[PDB]
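Order of the sequence lines sets the chain letters (A, B, ...), proteins ahead of strands, with each chain counted from 1. Ligands are counted one by one from 1 in listed order, and the atoms in each one are counted from 1 as well. Side chains included, hydrogens not; waters and symmetry mates left out as well; all remaining heavy atoms used. Part of the entry, not all of it, is on display, and contacts are counted within that displayed part.
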Number of protein chains: 8
Amino acid sequence: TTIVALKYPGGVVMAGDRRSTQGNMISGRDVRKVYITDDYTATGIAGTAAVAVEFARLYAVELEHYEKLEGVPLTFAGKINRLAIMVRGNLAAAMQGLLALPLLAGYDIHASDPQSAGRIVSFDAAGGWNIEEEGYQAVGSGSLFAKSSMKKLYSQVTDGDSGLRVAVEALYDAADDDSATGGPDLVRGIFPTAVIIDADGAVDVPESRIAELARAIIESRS
Amino acid sequence: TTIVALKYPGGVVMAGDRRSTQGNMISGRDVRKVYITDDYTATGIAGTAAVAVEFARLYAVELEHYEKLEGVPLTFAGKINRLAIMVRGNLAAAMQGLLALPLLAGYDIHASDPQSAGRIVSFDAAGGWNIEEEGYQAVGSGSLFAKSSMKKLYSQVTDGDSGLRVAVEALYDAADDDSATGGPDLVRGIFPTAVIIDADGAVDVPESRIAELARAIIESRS
Amino acid sequence: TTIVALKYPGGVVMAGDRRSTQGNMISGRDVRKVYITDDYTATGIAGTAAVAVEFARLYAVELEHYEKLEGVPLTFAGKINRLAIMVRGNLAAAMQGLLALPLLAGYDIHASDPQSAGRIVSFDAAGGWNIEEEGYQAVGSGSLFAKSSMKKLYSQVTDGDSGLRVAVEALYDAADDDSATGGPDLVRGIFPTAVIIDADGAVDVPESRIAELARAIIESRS
Amino acid sequence: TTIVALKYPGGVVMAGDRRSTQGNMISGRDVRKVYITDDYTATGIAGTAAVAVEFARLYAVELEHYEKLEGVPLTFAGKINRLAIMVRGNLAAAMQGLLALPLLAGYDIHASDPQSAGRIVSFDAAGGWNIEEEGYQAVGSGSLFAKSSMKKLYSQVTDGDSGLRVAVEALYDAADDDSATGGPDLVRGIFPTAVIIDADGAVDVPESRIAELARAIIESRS
Amino acid sequence: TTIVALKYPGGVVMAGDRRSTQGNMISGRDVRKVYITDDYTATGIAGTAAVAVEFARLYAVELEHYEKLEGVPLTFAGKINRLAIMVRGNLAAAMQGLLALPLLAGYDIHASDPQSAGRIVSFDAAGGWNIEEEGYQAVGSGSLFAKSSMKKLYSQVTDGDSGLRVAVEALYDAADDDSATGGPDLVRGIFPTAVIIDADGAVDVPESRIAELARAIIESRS
Amino acid sequence: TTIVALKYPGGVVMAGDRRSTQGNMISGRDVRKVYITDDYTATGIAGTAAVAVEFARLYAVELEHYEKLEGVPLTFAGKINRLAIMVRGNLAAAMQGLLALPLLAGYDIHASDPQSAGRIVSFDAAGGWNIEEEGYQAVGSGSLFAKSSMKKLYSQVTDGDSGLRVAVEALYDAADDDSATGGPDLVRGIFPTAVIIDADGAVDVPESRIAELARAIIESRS
Amino acid sequence: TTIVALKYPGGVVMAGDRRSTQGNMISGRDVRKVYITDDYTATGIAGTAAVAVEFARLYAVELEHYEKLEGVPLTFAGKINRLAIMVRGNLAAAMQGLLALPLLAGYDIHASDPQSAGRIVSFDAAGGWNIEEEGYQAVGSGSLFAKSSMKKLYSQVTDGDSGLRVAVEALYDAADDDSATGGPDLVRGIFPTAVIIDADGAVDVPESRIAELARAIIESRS
Amino acid sequence: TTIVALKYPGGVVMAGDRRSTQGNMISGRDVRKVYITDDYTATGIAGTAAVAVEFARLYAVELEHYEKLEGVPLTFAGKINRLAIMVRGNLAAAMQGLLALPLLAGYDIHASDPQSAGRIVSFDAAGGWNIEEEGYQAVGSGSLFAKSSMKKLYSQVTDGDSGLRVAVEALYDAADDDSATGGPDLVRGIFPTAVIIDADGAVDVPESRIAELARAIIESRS
Ligand SMILES: CC(C)C[C@H](NC(=O)CNC(=O)c1cc(Cl)ccc1Cl)B(O)O
Ligand SMILES: CC(C)C[C@H](NC(=O)CNC(=O)c1cc(Cl)ccc1Cl)B(O)O
Ligand SMILES: CC(C)C[C@H](NC(=O)CNC(=O)c1cc(Cl)ccc1Cl)B(O)O
Ligand SMILES: CC(C)C[C@H](NC(=O)CNC(=O)c1cc(Cl)ccc1Cl)B(O)O
Ligand SMILES: CC(C)C[C@H](NC(=O)CNC(=O)c1cc(Cl)ccc1Cl)B(O)O
Ligand SMILES: CC(C)C[C@H](NC(=O)CNC(=O)c1cc(Cl)ccc1Cl)B(O)O
Ligand SMILES: CC(C)C[C@H](NC(=O)CNC(=O)c1cc(Cl)ccc1Cl)B(O)O
Ligand SMILES: CC(C)C[C@H](NC(=O)CNC(=O)c1cc(Cl)ccc1Cl)B(O)O
């Protein structure tokens, strides 16, 4: 499992793979690991699948409940605090074998400068959170390879297309180096999933663009 | 790791993959797991790499030493006994984490009927050996999937080409179902390795034929 | 124990065996492992017998109770959520030796296209659920052999008869490869049990058809 | 695994099944578990396969070595003592998971009365031996069912044919009650193996007679 | 301890022995292990004596309480459910050394066909219940020998006398093979206890008939 | 297991039962537990069967070897010392589950008074020996009941017949109170075994006398 | 600790850092971790310092001893075998906390093509060795970051200068990502150490070139 | 992690580093570890990050809550007591791996002499607090080196500038001796953070002054 997120001038882009394994046996081929929490926020959780889906559905319900009750949406710090509390509450279950690690991406509409409005937040198993300032982050078992690839490929990002290409390349490198991460499937036609957040909101990326980018990358590497 | 062996009218064919892993991290991409022990015998070992290479080199040296000392090669039962003794001697090291499991294929020149001269022998961790009579066998972590594929694909085998195609298809299915088994690599150009034993001896299969068969299988599955 | 389920154009078919064992001793010969929960849903549970019957009776009562209380039946997602909650609640008892794993098959009447209305859902020990998209699934100790047989026999399915024949063949292969699965009994006259769900509801398959199919398969293999 | 032995006026008959299992997985279908040690003695060992074959080959070599050295064969008590010593020496390996339990059948040529010359000897894990006086014995995991069947079917034995039929029926009952024992296979054509010892020596029973007896028993039970 | 139950055309018959032991020391010689719960149901419990008597007295009180409260007796399925709940509630005490295993026999007055109205129900340590369809069942430490004897002696049962004789013979065989089961005592005059249930209700069998049957069986075996 | 020995004016008498058990399962019905070591000494061993037979055969061989080497038999104290050394050497194997406890009876030919020449010696698990002076001793799991019966029945002993009757009665009481001790079998015709040692040597008692005594005792108790 | 090795047309280059730590405390600032074993071979060991120096001095002495004894140097395979034996012999000490992992670089003078004569060999804790075919390798705790940097920077290598620059950059990245690896020190003037092997032999790189390259890299990153 | 605090005539100065590590891997480069609790008090916590932020936010909220409720701020002893209670309450979580150790600096406005109004308070894991009287204190894993540096550099402190320079030098020495402490970064431009408290309140130090001081110190050491 590997989920990447990065910033471009105008917003953020988040991408994730589709492989689910049970030890060394492949169990799932088209799992979706990226969710749209609200109009300007996306979350990606790694670890036990059931805990991840439960956390995602609970977080979405809590945000919607607050928005309906108070008539106004929460600020970014409030959402970070709620997610940190949810993560901290699972420490006892995080031990003994039910662990979930989230990653958050968002667009701040209250920021003075619209260009620097994209935010990426990472979390730890004890509930501590950190706001990234380097422009990219990765979570999962193949996060080190993806981070090392982005460290070299980040100079090419100029807009959304460049960032999406860099994210796909990082996922490809992570799948190349890790056996628990699923690479592109050309026999079946399964590709990673991406979400792009900008001033107009959060939109899912169509699969044709990702397929074209993956084919171009595969041709380049060959 | 998955090594398959099967019989065709005239001889035997053995095939193996090339992936080496350390947990969930990929460590080796072009490992060779099939050896030619002598003019009419091939061996394939699964498990710890160092133990496998040590076992193979030791077995070859022992066979050559006996042949040079006595002026006549050993019979098939003698080779089986020597391999079983070698396996039985590693029981203590097989426990605690140094395990090697071999599979043997051969052609008997003393058999009355040259058609039914191919032999396949399997071994267990305690040193017990079994001579196969169904026509195929597989060893490794993905052996169950390969065996289940051969159970359905064995009716098509008529000669060496048919058997080689069936072996490649079984390896492909094993790699599809298991993450510790390496599939064909078209970006890099790495394919499984095969050895064919018949009345003229044991010969390594050139990589072009295996590449053609793998491409045909991939096109068929797509 | 092995329970299989598969999709055909028009609906779904689920099949199960009849053997119950206590270690290596045979305890039961005509156990029924497939239940009709409601007019359009079937469930099959593997594991401890008492837990399975308790889970089945409880699930049926809960569905009927909701239908009577609200005057309208639940949707498919609601039933999946209820089953997942029931499975998740038994985690503590799943450890230490009281484990039950269910498999769900159903027909969605709210789907726009009646042809693609059959659904198959699998579950894990932690309460996570997955909706199948390949067309078949198996649960139990012999599920791997049945899945590997269906992977090769799925191209022949065209209607209900073809699917039933494929399911019986998969159960036969699972019983051939596993000793904890009961095969057809011709001395006594005991055969697996099947349920077919289509637009008209869920119907139990009469035993004469299954006996004829099993006899044909046995004759073919001989 | 189940091996039976019984006495008839004129000699002894020993029979055994052909199933080999690894837990709940079937590993072997045509294993031979009955050996002819010398001209008037047969042995059947249950437990770990490798230990059983090693014990059998060692016992045969020791008997032949003594016969060649001294120019005269050993008496029955000497053979019993040698087998008991061999069993007693494996106590340490019998613990921790390498256990072999033998059963011996023989014809005494030094007995005054040729009619009462058949002997059956059983052994325990500590090396103690017992000479049977009831006329039948069984070893293995399904020995209780076979013994209970012979207790009722022993009144019909008059000659070799009657004893062979009773032995086949006892093996059939043991396979009916135990899942680790292999029953007759009519799809493949595999049947238990039998050895008959009389004043002329020890002879293997041809498979046609056993197939006919098994078919008759199956027809009777149906 | 061994309790047997079997079906004959017209009803059911249940029988039990009288030995109570504390390790290898004999503690009781005339213990009664079969109870008449109501007008058409009998129960026999094996295991710890105190738990068995407590379970029996509690079950009888519960059935009588329901009958008095509702003015109508429970159906057979309700009684089975109550007994299963009672057994399931003792799982924690079943572990660590307070185990009780029941067996139930009854006559259904609501059945359409009076001939096939006898029912035999067995239970497991986790609370799972099974309805027998072969015609006989045994519980206790000597149940295997009794079952194997009934498997051969069931063809002679035609009416109540035949069934009672078969039950006494099965108990005799169980006592012959097991040392924890008490056989007939001719020095003291103590014999097993039996209960016969038919359309007129459940009646205890007088001891003279059982003594005559036991004497006849002993004479036959001598 | 219970072995009794007692003194009468003129010599000694030793008796033993014939039951062999494996837990609560009966394994042997006609085991012989009393041996004649030499012309004036008898030994009876209780515990593990194999250890007992090994000890007996070894003791006999050692006594014969000394007699042949030195040309003169050992004295009684020397035999006691040899037996005590043999018992002491098995202490390590006596722990962990291989225990053998002997009892010795003999006639001293060097005693001044021929009337008081019978000797009974008992041993403990550490190798300590004691010479009895009360006139009787018992070994085994039912030794307490036999000793308590002899304490009351010893006043009737006058000669060999009286002592034999008392020994049979003590064995009968031990079998009555203990389930691991075999009583007289009238269906099969198996009775305890006795040895009588006097000035003329040690003689085995014929079975007819023991059968008559057992029948008389059974009639008296009835 | 991080040691890198890579191939360029004409030979090989190996580089290593200088930090030694004891937990989180810095103990050494100018440790040398790269040795020249002979005229055409270099070795770099990571792990416990004392074991590394002992292994290096022993390997050099063994190679020199063989060269002096036989009058001819060993071949490359012989050196690999000797190093593998030395590593395998320390398995017991490798456990419990004395671990040393080597990496070997060399130039083969017996190769037909002088361009492709550079060899890089890696080893595992059990004694297994692998010959690299991708052109670079890294060992130590920061090996993953260095490998990921070389995977992107390898396309620039054309000659010795390019390879040395790439090696220094990889070491810089490893020190950036790992706290147990020492980076360039400009206050003190301490830089990594490098060895270059080509057709003329193995030569140590002067520190001025490495200082210039490190200053250029630092200026580029700033 | 290292946080230093010291006194100068007129007030106090507190400084801290910016490195966050996870074992031997660097995780954070610009972490802020010094907080302004109120107008005259600063706190610095070392240990687990999440616990530190939670403690800081809770302490600030508690102080503000008391000030708003009572209309008057707490005295210094009251704040010390509240912090000690908060530390004491985490003892159970301090064990097993969630430890936080604070350090407090403040200016007392109720002191008679404004010159000697700066206070430094240290705490232990059990909740005990100590008021420093030597003029400086350090907390963290590199506190010993910083304390030993201040012991020699304290004679130069005359005003705020001297104290700030001494604090930066102590942090530099701690980073030199400890690998878990971050030193000045000139490639990226990250420097430690400082807070100065005097009669006018608590003010954050601008980064330009700290950068100038760090550059001067680095030039001096070179
Ligand atoms: C979203 C999620 C797929 C993340 C990934 N985790 C897993 O796949 C872990 N796997 C299971 O939880 C699991 C899945 C099934 Cl089907 C059965 C049993 C188990 Cl144990 B990842 O690589 O980190
Ligand atoms: C021939 C052999 C490759 C067989 C296969 N086994 C392994 O790959 C096991 N792996 C290692 O031994 C190993 C390899 C390295 Cl590079 C480092 C550490 C370890 Cl621990 B297989 O899949 O069964
Ligand atoms: C529906 C159910 C039969 C499923 C199957 N499970 C079992 O048979 C497990 N067996 C028992 O639970 C059990 C049965 C009895 Cl009669 C007594 C004791 C025990 Cl322990 B399967 O193969 O997975
Ligand atoms: C002669 C012998 C077949 C007797 C029987 N024992 C076994 O089958 C036990 N099985 C193995 O030893 C064994 C066989 C293989 Cl192929 C692989 C691993 C193992 Cl662990 B029996 O039922 O008692
Ligand atoms: C109805 C009952 C007699 C059943 C049987 N169980 C027992 O006899 C077990 N025995 C005791 O519980 C017991 C009896 C006494 Cl007197 C003292 C101590 C103990 Cl521990 B059976 O064979 O299964
Ligand atoms: C002479 C001897 C029969 C004495 C008696 N001991 C035993 O019977 C103990 N039993 C066995 O040793 C034994 C017998 C067999 Cl057939 C199989 C396994 C075992 Cl474990 B006694 O009651 O003290
Ligand atoms: C060549 C060698 C420096 C390699 C490196 N290993 C170490 O530094 C380990 N450290 C010690 O062994 C050690 C050093 C001292 Cl001064 C005192 C105690 C210890 Cl325990 B590396 O990073 O892998
Ligand atoms: C304020 C705080 C940074 C103090 C320092 N502590 C730590 O850095 C400890 N580290 C973590 O807690 C931690 C950080 C992350 Cl990103 C992930 C996992 C863990 Cl486990 B120090 O050196 O004492």
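- Ranked by contacts, the chain bound most extensively to ligand 1 is, in UniProt, Proteasome subunit beta.
- The drug that appears at ligand 1 goes by the name ixazomib.
- In contact with ixazomib (ligand 1) at heavy-atom distances under 4.0 Å, by letter: A.
- By heavy-atom distance, the residue among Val51(A), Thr21(A), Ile26(A), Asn130(C) lying nearest atom 11 (C) of ixazomib (ligand 1) is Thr21(A).
- The organism reported in the entry as the source of chain A is Mycobacterium tuberculosis.
- Proximity to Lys33(A) (heavy-atom distance under 4.0 Å) selects the following atoms of ixazomib (ligand 1): 1 (C).
- Atom 20 (Cl) of ixazomib (ligand 1) is never approached by the protein to below 4.0 angstrom, counting heavy atoms only.
- For ixazomib (ligand 1), the atoms sitting less than 4.0 Å from at least one non-hydrogen atom of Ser20(A) are 3 (C), 8 (O), 14 (C), numbered in the order shown with element in parentheses.
- Look at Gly140(A) and you'll find every heavy atom at least 4.0 Å from all atoms of ixazomib (ligand 1).
- Heavy atoms within 4.0 Å of ixazomib (ligand 1) belong to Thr1(A), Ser20(A), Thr21(A), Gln22(A), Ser27(A), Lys33(A), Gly47(A), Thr48(A), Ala49(A).
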